[PDB]
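One structure is given here, and the rest of the page talks about it.
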2 protein chains.
Amino acid sequence: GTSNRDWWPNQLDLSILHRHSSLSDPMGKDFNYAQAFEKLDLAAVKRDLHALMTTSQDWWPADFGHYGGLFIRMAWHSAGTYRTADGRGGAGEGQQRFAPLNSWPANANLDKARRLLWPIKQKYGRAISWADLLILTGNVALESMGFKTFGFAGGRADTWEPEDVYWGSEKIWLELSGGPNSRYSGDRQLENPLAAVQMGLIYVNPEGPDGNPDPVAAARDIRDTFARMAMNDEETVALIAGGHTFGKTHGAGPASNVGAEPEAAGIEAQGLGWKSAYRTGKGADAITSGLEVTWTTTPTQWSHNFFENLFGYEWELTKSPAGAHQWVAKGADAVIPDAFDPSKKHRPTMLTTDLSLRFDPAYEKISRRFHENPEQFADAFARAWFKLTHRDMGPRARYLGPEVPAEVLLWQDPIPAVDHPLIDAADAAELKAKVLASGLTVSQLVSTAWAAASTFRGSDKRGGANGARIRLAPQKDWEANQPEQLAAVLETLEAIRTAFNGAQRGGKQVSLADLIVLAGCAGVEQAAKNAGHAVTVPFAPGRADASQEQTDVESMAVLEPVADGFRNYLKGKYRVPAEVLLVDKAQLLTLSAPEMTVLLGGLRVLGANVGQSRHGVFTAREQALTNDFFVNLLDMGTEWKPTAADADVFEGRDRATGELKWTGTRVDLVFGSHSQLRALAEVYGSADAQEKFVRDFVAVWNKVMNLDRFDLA
Amino acid sequence: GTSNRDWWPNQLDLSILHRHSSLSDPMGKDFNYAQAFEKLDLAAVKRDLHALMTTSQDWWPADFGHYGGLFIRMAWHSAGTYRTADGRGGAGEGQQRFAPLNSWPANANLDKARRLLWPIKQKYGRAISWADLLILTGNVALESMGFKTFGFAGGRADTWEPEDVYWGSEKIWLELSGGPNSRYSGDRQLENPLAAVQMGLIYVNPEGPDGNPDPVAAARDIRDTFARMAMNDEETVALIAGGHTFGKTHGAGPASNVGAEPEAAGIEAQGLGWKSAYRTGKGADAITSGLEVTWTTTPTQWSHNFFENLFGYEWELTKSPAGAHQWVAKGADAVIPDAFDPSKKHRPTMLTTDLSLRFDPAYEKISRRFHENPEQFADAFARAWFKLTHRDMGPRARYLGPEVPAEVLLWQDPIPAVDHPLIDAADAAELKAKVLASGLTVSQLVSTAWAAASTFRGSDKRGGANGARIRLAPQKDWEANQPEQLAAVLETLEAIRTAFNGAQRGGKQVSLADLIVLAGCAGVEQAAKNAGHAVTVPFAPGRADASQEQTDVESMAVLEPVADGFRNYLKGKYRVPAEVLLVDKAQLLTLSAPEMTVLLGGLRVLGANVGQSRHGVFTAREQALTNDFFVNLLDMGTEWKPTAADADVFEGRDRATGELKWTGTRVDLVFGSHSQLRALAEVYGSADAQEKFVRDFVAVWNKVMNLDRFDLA
Ligand code: HEM
Ligand code: HEM
Ligand SMILES: NNC(=O)c1ccncc1
Ligand SMILES: NNC(=O)c1ccncc1
Ligand SMILES: NNC(=O)c1ccncc1
Ligand SMILES: [Cl-]
Ligand SMILES: [Cl-]
Ligand code: NA
Ligand code: NA
């Protein structure tokens, strides 16, 4: 059945903005997962999960009688898809249970893992999400095998359809680099936003780069991909060695025995996949990755045996029973237990990527320190495991339950507590009047608040105006933020703040974060008055100001907008067309298509463009809040053509005279081209729509200003 | 970016159920188009449209100084995509403005026509939908040129995204038949549900079948396709001859001069397409279809000159300037005006398909009658044009405005007015108890109401329980409806009805349509009580009973369910898998995925399966409303395998003993296989879900009962 995507495969896709509707959600519109979770008997769940660890099912028998390694890998993979570039992936939406991730080759046989959890899921129902359950199970596996975790927070609400994520352009699972859709160019440069080396892998290839078994070169891929997942060297070594303290790999026969992944399997498979024709197809005969490695002498118990083995033997290249490259300890005795036969023992073995921890010189130093100081290793792995499994949860205010660690961690972009009375409505009116009396313009006020608030992304719930980080490095220096203009606005706002705060009694004060937002609100109010309209913009105080020392500058870099269509900004020339980048940004902001449309048309007339560019400024009353953008864009009296100098800039001329009336970018003109966007533009550019435009703009502005306000949830 | 559809291109697509969310709609949740339209000054709109007809724009100059022909074609094409097989297509949602229809080759240059109407649309805003305006414009065109229309109803609310419609499997526009995705098999049998001969055409090819200029053979295609759009021979001849009384075709140079369709065009084209490099690219130089025919001596005025020409000349095969086959009048004088040069005249010309109206023997009889009796022609055309343009509007209760025809037409499936007081809540409780005391079972009551209500389809708003057509031919004899069982239930309910109506005073009575629905309600209440749960199912009276004489039996044939997964029914063996047909039925019913899931699992346990099949009846308390379907389907203690006898029937055995527990079809087991459906099944199969399951089942039951109740809007 031929679809619009088949006919016009390069047209923009707006359905990514209308996922996660109330239509596909089985829960009622008022369901609130946090409230459900807070009444869950978490201790009861943990007891059931402990019991499960050794309750082997015949359809997927437990290695060593204990499912803890399988479950650790399950949780690691749930979290392991995360990319710092866009915040997409990670454990926080339980997406491992949907396509494509439920069928990625690196997630083979995790379908078995999730099915073993169904009885617990069923028993507790809506009070524990899948997303929370996958991580809790990994924690219980660790605790059951003798490792004390750093903590756990609930609050990951389940989702109900697959997320629209760019995982790459390859059309073959696991394709090696340098193909027609290669994710690598130049000197092994991985394309942003990807954080895995091959399609369907989590980070790297366990046999080495493109399957070449060189631990030193593997190390380079490990370092690059783990950095793209927010992990530094210490955290990376801790996580790999910690993980591989447990369990084993599965490669008992040739891979050709393994059948269809879950999304390809027959209906009778009931949601499972990778059925194997090799012997019994399971247990001792299991095939997952094709490798056949067991790292430690006690795979079901926390030990220091990983680094004893890594450093205590020399390693020889060998092949598993499926033909994959792996390593075996030279001259060693058979000390590693077998998973099923108490009469068999094995020599120590390692993956290429485990050997990276010894043969990359930076990792070796860390590995050696962990080998000599196992308490340091345990602590580092506990912290890293917490970070891994919570990286996408957002502000600490979202963290639920009795096991939430009290320690504030720098990676959480922490916001200080508020310990003083907040400004009330009379105070807000007094501060808005002061801001308008200062001489700051509508353009300056709107631009500044936009800059502050629009760093939010719902993928990992980082960013937003809380914290006033726009005043800190590195946000204050970002090109999109107009550093010189920004500094002049912030100086004026800090002077208003100081004067207000110095007049108060009783401990009342206003944060700069709140004042930035409030000042933006006053700009929008002033713009509405400029257009003849009496409008009140909602404001909620309670933001606090974070310090520079609470703001990791390197972690903040990935929130820099290199493309922000809402300010007609593109930092460089990219291969993805700018209107696709606009839709991607709207998706991070949580905006629907109508919201994206009204927001952009209003920002253009308020003067929010970077550098005061006239591109898309289709009005003769800039700084007045009108629907002019739409009325003019849709005027058939104007003809548009790309310029000679630049095919991405367009000139709009009077059709009868040839006279130039406007210029615009692709982001501007897509609203007049795309057949669904133009239908939305037409609503706002109709003669009956001015009041609707204003009230919808105010709503979407307020939505953006509050995106990170989980303190008010 | 590789997507799930790329990896698993045969997986079922649930997004067709989650279109039209409040996310994509720019109007507020409380917007009601009928309320807006009812205050529109329709007379004023029509005056503006009359003026537009002769106000040429230079970017697409008006033929003969009058846009009326263009607008009639535009309205015909808006309505012309309709297919009776599924009710999809038609003018009722304004879909011509979205992909793919906005870029179909048969819709070339209607982009121009729609752009000409933006100033009117913009002036009247939300009070007139695009969908209504396209039709209204065609009627104003006709009236402006001296044709008296049969009337007009508003009420087509605008939609905001493309509908998911199967338009064929070809991958090339206009592909001729007999390719690898041919829509024809056997002796020119067009595949259901299609109603056009080539991808991107409305009905037929104007040169003749696959381009062969044989009017007799073309007639066959005309007849078959028009019948698939609900038009008989008289209506067909009236429409084609009526339409081709006006305007002209456009084929002034070779087609290779015409560029990209709108969805493919550059951003600068601002939603227009087919830009032509031939001479001026417009007006006298226009190329649309590649044919160059003008039918009448007065292309801007109603006449009977089409038939005077068709019958008054003999016709010679010729080629247009673009190379297309067309016909010209032998020996004729130059009597047809030129569209732009008042000093040029032309010979009469015809399409192959016009000549069909004379050379097909059945058409010739009708055409000759219309030629001798142009008043008969005018009346048939007016009636046919109203039917064409209103065919998908639904019940007459949806028809809005001051020009609705008072005549009730048989094709409307009319419902008599109610002229008596309705039963109240106490009466409804008395009737439910009488029904339960009769001895009718939960299964009989649920199955009968299901059968009556589930003929609704939201594509053209036909069907539903209003009318009590289930008691009439042909519904009473449809296999899915279990004719002997149904007859028994209807007899019992008619005796209840007689006894209740005969005891009343004051004219109060209950219709059989209402009592069928109410009885189903009593069944669902009784099932809930069987499960230990007291619930009240909502009921709204006011349906009426239609007569056999008010029921077109042949038109009702297309509403027969040949596949109804909700009753585990498949009338024959089809190429599309049964799970895909389920989702298609759910889309017709207007159900979301959650709604489809609850509804099916509840129907299975209430005994709604046709023939009392055990397939999917995963309960030991049939006729009790419980979640047992979900809990049993999802039990990993059961293993499923296709049977030897039938690969589409599955046996569920205990995994440890081999004992047979259940049997199921693909429709049952898809809820345990598909990863999004299984996620829904898990919510209703959880230990906390009994209350939710009952509540949600009652809500979707009541939704289905009320689908055709536009009298309550
Ligand atoms: C360079 C990064 C890594 C690579 C290439 C890698 C590779 C693999 C492979 C190939 C398997 C075997 C799959 C099978 O055949 O069953 C595996 C198993 C496992 N991995 Fe990793 N791993 C990485 C990092 C991690 C990390 C960060 C964790 C967790 C903290 C982890 C925990 C596990 C555990 C517990 C198993 C055993 C599974 C079982 O017992 O069933 N791994 N790893
Ligand atoms: C067998 C069915 C039909 C065929 C094959 C057909 C074919 C065509 C073609 C090839 C054109 C020229 C497109 C262009 O080059 O501009 C056209 C024009 C037109 N058709 Fe039809 N048509 C059919 C039925 C109808 C019907 C049912 C109506 C309306 C009741 C209609 C009304 C018109 C009008 C008004 C025009 C002239 C447009 C103008 O002046 O711009 N047609 N037809
Ligand atoms: N822990 N990571 C894995 O299990 C894995 C990585 C690459 N191919 C298969 C599995
Ligand atoms: N693909 N996932 C995200 O982009 C996301 C999820 C939730 N809200 C904003 C963005
Ligand atoms: N009235 N129908 C048309 O305009 C048409 C039919 C087939 N190809 C192009 C245009
Ligand atoms: Cl995601
Ligand atoms: Cl449709
Ligand atoms: Na994420
Ligand atoms: Na329809």
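Simply put, chain letters go A, B, ... down the sequence lines. Using the PDB entry numbers, chain A covers 36-748, in order. Heads up, chain B uses the PDB entry numbers, so what you see runs 36-748. The basis for the numbers below is simple: all heavy atoms, side chains too, and nothing from hydrogens, waters or symmetry mates. For ligands, and for the atoms within them, numbers begin at 1 and follow the listed sequence.
Out of isoniazid, phenacetin, phloroglucinol, tavaborole, acivicin, the drug or drug candidate placed at ligand 4 is isoniazid.
The main partner of isoniazid (ligand 4) in this structure, judged by heavy-atom pairs under 4.5 Å and named as in UniProt, is Catalase-peroxidase. For isoniazid (ligand 4), the other chains with a heavy atom below 4.0 Å are labelled A.
For isoniazid (ligand 4), the residues with heavy atoms nearer than 4.0 Å are A:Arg123, A:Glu128, A:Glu198, A:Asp199, A:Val200, A:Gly493, A:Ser494, A:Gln622, A:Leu623, A:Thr625. Among protein heavy atoms, atom 7 (C) of isoniazid (ligand 4) sits closest to A:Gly493 O, 3.6 Å. Ranking protein heavy atoms by distance to atom 9 (C) of isoniazid (ligand 4), first place goes to A:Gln622 O, 3.1 Å. Taking every heavy atom of A:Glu198 and a limit of under 4.0 angstrom, the matching atoms of isoniazid (ligand 4) come to 1 (N), 2 (N), 6 (C). Taking a cut-off of under 4.0 Å to the non-hydrogen atoms of A:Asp199, the atoms of isoniazid (ligand 4) that pass are 1 (N). Looking around isoniazid (ligand 4), I see these other ligands or ions under 4.0 Å away: ligand 6 (chloride ion).
Between A:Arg492 and isoniazid (ligand 4), no pair of N/O atoms sits closer than 3.5 Å.
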